[PDB]
Participant: 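Handing you a structure now.
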2 protein chains.
Amino acid sequence: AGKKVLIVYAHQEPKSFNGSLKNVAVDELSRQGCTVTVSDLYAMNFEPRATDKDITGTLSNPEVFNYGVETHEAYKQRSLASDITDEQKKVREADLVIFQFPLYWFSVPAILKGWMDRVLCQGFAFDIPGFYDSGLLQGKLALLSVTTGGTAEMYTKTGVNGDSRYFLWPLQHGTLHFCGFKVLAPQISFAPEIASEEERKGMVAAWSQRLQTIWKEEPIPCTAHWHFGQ
Amino acid sequence: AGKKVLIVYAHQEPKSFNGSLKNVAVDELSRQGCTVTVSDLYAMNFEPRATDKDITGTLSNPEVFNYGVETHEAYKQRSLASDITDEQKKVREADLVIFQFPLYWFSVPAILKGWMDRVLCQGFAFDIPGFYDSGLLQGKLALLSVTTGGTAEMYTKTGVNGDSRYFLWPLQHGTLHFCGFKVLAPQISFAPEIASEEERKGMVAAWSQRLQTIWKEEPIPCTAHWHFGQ
Ligand SMILES: Cc1cc2nc3c(=O)[nH]c(=O)nc-3n(C[C@H](O)[C@H](O)[C@H](O)COP(=O)(O)OP(=O)(O)OC[C@H]3O[C@@H](n4cnc5c(N)ncnc54)[C@H](O)[C@@H]3O)c2cc1C
Ligand SMILES: Cc1cc2nc3c(=O)[nH]c(=O)nc-3n(C[C@H](O)[C@H](O)[C@H](O)COP(=O)(O)OP(=O)(O)OC[C@H]3O[C@@H](n4cnc5c(N)ncnc54)[C@H](O)[C@@H]3O)c2cc1C
Ligand SMILES: COc1ccc2[nH]cc(CCNC(C)=O)c2c1
Ligand SMILES: COc1ccc2[nH]cc(CCNC(C)=O)c2c1
Ligand SMILES: [Zn+2]
Ligand SMILES: [Zn+2]
C-alpha cells in the first residue's frame, strides 16, 4: 500500500494467460495504492545477449574480453549500456519484484534469462564477498509467477517432470537468493492451455486473491531441503 | 561409417578458457576422423528471442500469437526462419551434440538458452508421445561442457551452491533427456579463472583425453535420483 513493485514480464502476447496474470497484478497492486512498474521485455525488444556492447568505456583488458570483469568495472565507473542501468534503477527502487513468465525448458524464456544475466551484475546485485544472505539486494522481496504446459500431476516427485520445486532451484536459490532477495512462494498456474475457461478464470482470480495479502506473507526458507526434501 | 559432432559454443572471447576447450574438442574430434561442425553463437549474433519473426509467411492464428503452436505448425509447413532451420539440420545430422559454455546463473547464457528455446521446437525435438525416452532426437548423444566461477567445494551437497547435479536438472533432464538425447556425463571445469596456469592446461588436457574415448562411454541414468538422490 506504501510499497513499490516491479513486474518483469516475458510474454509475446497481450491477450495470453500470462498477459492476464500480469494485468490483474497491476490492477490489484494499483488498487491497493502501491507504485507499480512493468518491464514488458518483448515489447521493449530487450537485448538478451551478454556482449561487449554492454560497456561503453575503456575496457580493463581490451585483449581478452571477460564479461563479468568488464561489467563489474563498468558498473563502478558508470559506463554500462543505458538499457541495463534503466532496469537497475527499477530494481533498486522496488520493494518487491515479480517475474511473470511461461516456463521454457523448465526455466525462464531466453529474453528474461538475458535480463538476469545483464541486469544483475557484480557491484549492483552481489559482490565477492556479498552474496546469498549478504547479497546486495537484501531487504527486497522476489516472487516467480510461472505458467506451465505440463499439469500439476506431471510436476510431482512421481510425475514425469519431477517435482516443480526442482526446476525452481537455479532461479530461486542460484539467482534471487544469491542476490540477497527474500523469496516469496512461487505462484504456479498449471497448464492453462489444457484447463477450461472456468478453471482459467479461477487461476487468475486466485492470483489476484493472493495479491490482496501479499505484504503479510513470510518468505520461503530458500534451502536445499525446501527444494529437494529429506 | 564415421560420426558427426555438433559443438554449440557460447562464449564471446576466442582466447577464453571456453574457447580453448572448444578448440581442443575440434582438434581431437577432427584428428579421430569425425565430421565436426561448430555453431559459435556470439559470432553468429544468434537471435535468442522467441518471436513471431521465427515464422515466415502467414500465422495459423494472427489474432492471438502462441509461440509453441505457431512454431509447431511452421515446422510441419517448412515455414520456420532460416537461422532455426540451419541449426536443426546440424542437429539432425549430428551423432553427438556438445554444449560448451560458462555457467551463468546456474544455467546457460541467454544466447544459448535462446538456441534451446528456438531450435528445439515441437515436431522437431519432441511431440506427443515423443519425449524423454522416446524423444524425437533419440539415438543421439548430448553432453554439457561447463565452466564455473564457483569452486568444486562450493558445489557440494552441503556447500553454499549445492550439488552441481541440482542445477544440471533443467538442462540434462528437462531439456536434453526430454528431447530423446542419451546424456553423457557433464564435463565440469571448476573455477578456471582462479586456478594456476598449469592447473588450467591440465583441465584442457583432461577434456582432450576424455574425448579420445567419448564413443565408448555409456549415457548417465538421467533420473531424479541421479540428480538429487543418493
Ligand atoms: C520454447 C518453449 C519451451 C517450453 N518448455 C516448457 C517446459 O519446460 N515445461 C512446461 O511444462 N511447459 C513448457 N512450455 C509450455 C509453456 O510453458 C506454456 O505454453 C505456457 O506456460 C502457457 O502460457 P500462455 O500464457 O502462453 O497460455 P495461453 O496459450 O494464453 O493459454 C491460456 C488460455 O487462457 C485464455 N485466457 C487468457 N487470459 C484469460 C483470462 N483472463 N481468463 C480466462 N482465460 C484466459 C487464453 O485465451 C488461452 O486460451 C514451453 C513452451 C515453449 C514455446
Ligand atoms: C552473467 C554471469 C553470471 C554468472 N553466474 C554464475 C553461476 O551461476 N555460477 C558460477 O559458479 N559462476 C557464474 N559465473 C561465472 C562464470 O561461470 C565463469 O566466469 C566462467 O565459467 C569462466 O570461464 P571463462 O572461459 O570465461 O574463463 P577465462 O577467464 O576466459 O579463463 C580463465 C583463465 O584461463 C586462461 N586460459 C584460457 N585458455 C587456456 C588454456 N588453453 N590453458 C591454460 N590457460 C588458459 C585465461 O587466459 C584466463 O586467465 C557467471 C558469470 C556471468 C558473467
Ligand atoms: C519440456 O516440456 C514441454 C512441455 C510442454 C510443452 N508445450 C510446448 C512445448 C515447447 C514448444 N516449443 C516450440 C518452440 O515449439 C513444451 C515443452
Ligand atoms: C552465482 O552467481 C554468480 C554471478 C556472477 C559471478 N561472477 C563470478 C562468480 C563466481 C566467482 N566467485 C568465487 C570466489 O568463486 C559469479 C557467481
Ligand atoms: Zn536459497
Ligand atoms: Zn532424465
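The chain called A is the first sequence line; B is the second; the pattern continues. Residue numbering for chain A follows the PDB entry, covering 1-230 in order. By the PDB entry numbering, chain B shows 1-230, in order. Recorded method for this deposit: X-ray crystallography, 1.6 Å. Numbering of ligands and ligand atoms starts at 1, following listing order. What you see below is based on every heavy atom in this structure, not just the backbone, and it leaves out hydrogens, waters and symmetry mates.
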Participant: Hmm, looking at ligand 4, which of nomifensine, esketamine, melatonin would that be?
Facilitator: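 Of nomifensine, esketamine, melatonin, it's melatonin.
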Participant: Name, as UniProt does, the macromolecule that melatonin (ligand 4) contacts most in this entry.
Facilitator: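 With more contacts than any other chain, that's Ribosyldihydronicotinamide dehydrogenase [quinone].
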Participant: Which other chains have a heavy atom within 4.0 Å (strictly less) of melatonin (ligand 4)?
Facilitator: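 By heavy-atom distance, the answer is A, B.
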Participant: Of the side chain and backbone of B:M154, name the one, both, or neither that has a heavy atom under 4.0 Å from an atom of melatonin (ligand 4).
Facilitator: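 The side chain, only.
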Participant: Is B:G149 close to melatonin (ligand 4), meaning an N/O of one under 3.5 Å from an N/O of the other?
Facilitator: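 For melatonin (ligand 4), there is an N or O atom that lies under 3.5 Å from one belonging to B:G149.
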Participant: Under 4.0 Å from atom 8 (C) of melatonin (ligand 4), is there at least one protein heavy atom?
Facilitator: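 There is no protein heavy atom less than 4.0 Å from atom 8 (C) of melatonin (ligand 4).
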Participant: So is A:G68 touching melatonin (ligand 4) or not, going by heavy atoms under 4.0 Å?
Facilitator: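 Not so, A:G68 does not reach melatonin (ligand 4).
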Participant: Which residue holds the protein heavy atom closest to atom 17 (C) of melatonin (ligand 4), what is that atom called, and what is the gap in Å?
Facilitator: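 The closest one turns out to be A:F178 CZ, 3.9 Å.
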Participant: Would you check for a covalent tether on melatonin (ligand 4) and tell me the residue and atom?
Facilitator: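 No covalent bond is modeled.
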Participant: Identify which residues UniProt lists as binding substrate in chain A have a non-hydrogen atom closer than 4.0 Å to melatonin (ligand 4).
Facilitator: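 Going by UniProt and heavy atoms, it's A:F126, A:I128.
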Participant: Please write down residue, atom name and distance for the protein heavy atom closest to atom 14 (C) of melatonin (ligand 4).
Facilitator: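 Atom 14 (C) of melatonin (ligand 4) sits closest to the protein heavy atom A:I128 CG2, 3.7 Å.
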Participant: Closest by any non-hydrogen atom to atom 16 (C) of melatonin (ligand 4): pick that one out of A:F126, A:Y67, B:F167.
Facilitator: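 Considering heavy atoms of A:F126, A:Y67, B:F167, the nearest to atom 16 (C) of melatonin (ligand 4) sits in A:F126.
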Participant: Just to be sure I read this right, does melatonin (ligand 4) sit under 4.0 Å from the backbone of B:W105, its side chain, both, or neither, counting only heavy atoms?
Facilitator: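 The answer is the side chain of B:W105.
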Participant: Around melatonin (ligand 4), which residues have heavy atoms within 4.0 Å?
Facilitator: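 Within 4.0 Å on heavy atoms: A:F126, A:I128, A:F178, B:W105, B:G149, B:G150, B:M154.
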Participant: Quick one: melatonin (ligand 4) N/O to protein N/O pairs below 3.5 Å?
Facilitator:
residue: melatonin (ligand 4); atom: 15 (O); partner: B:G149; partner atom: O; Å: 2.9

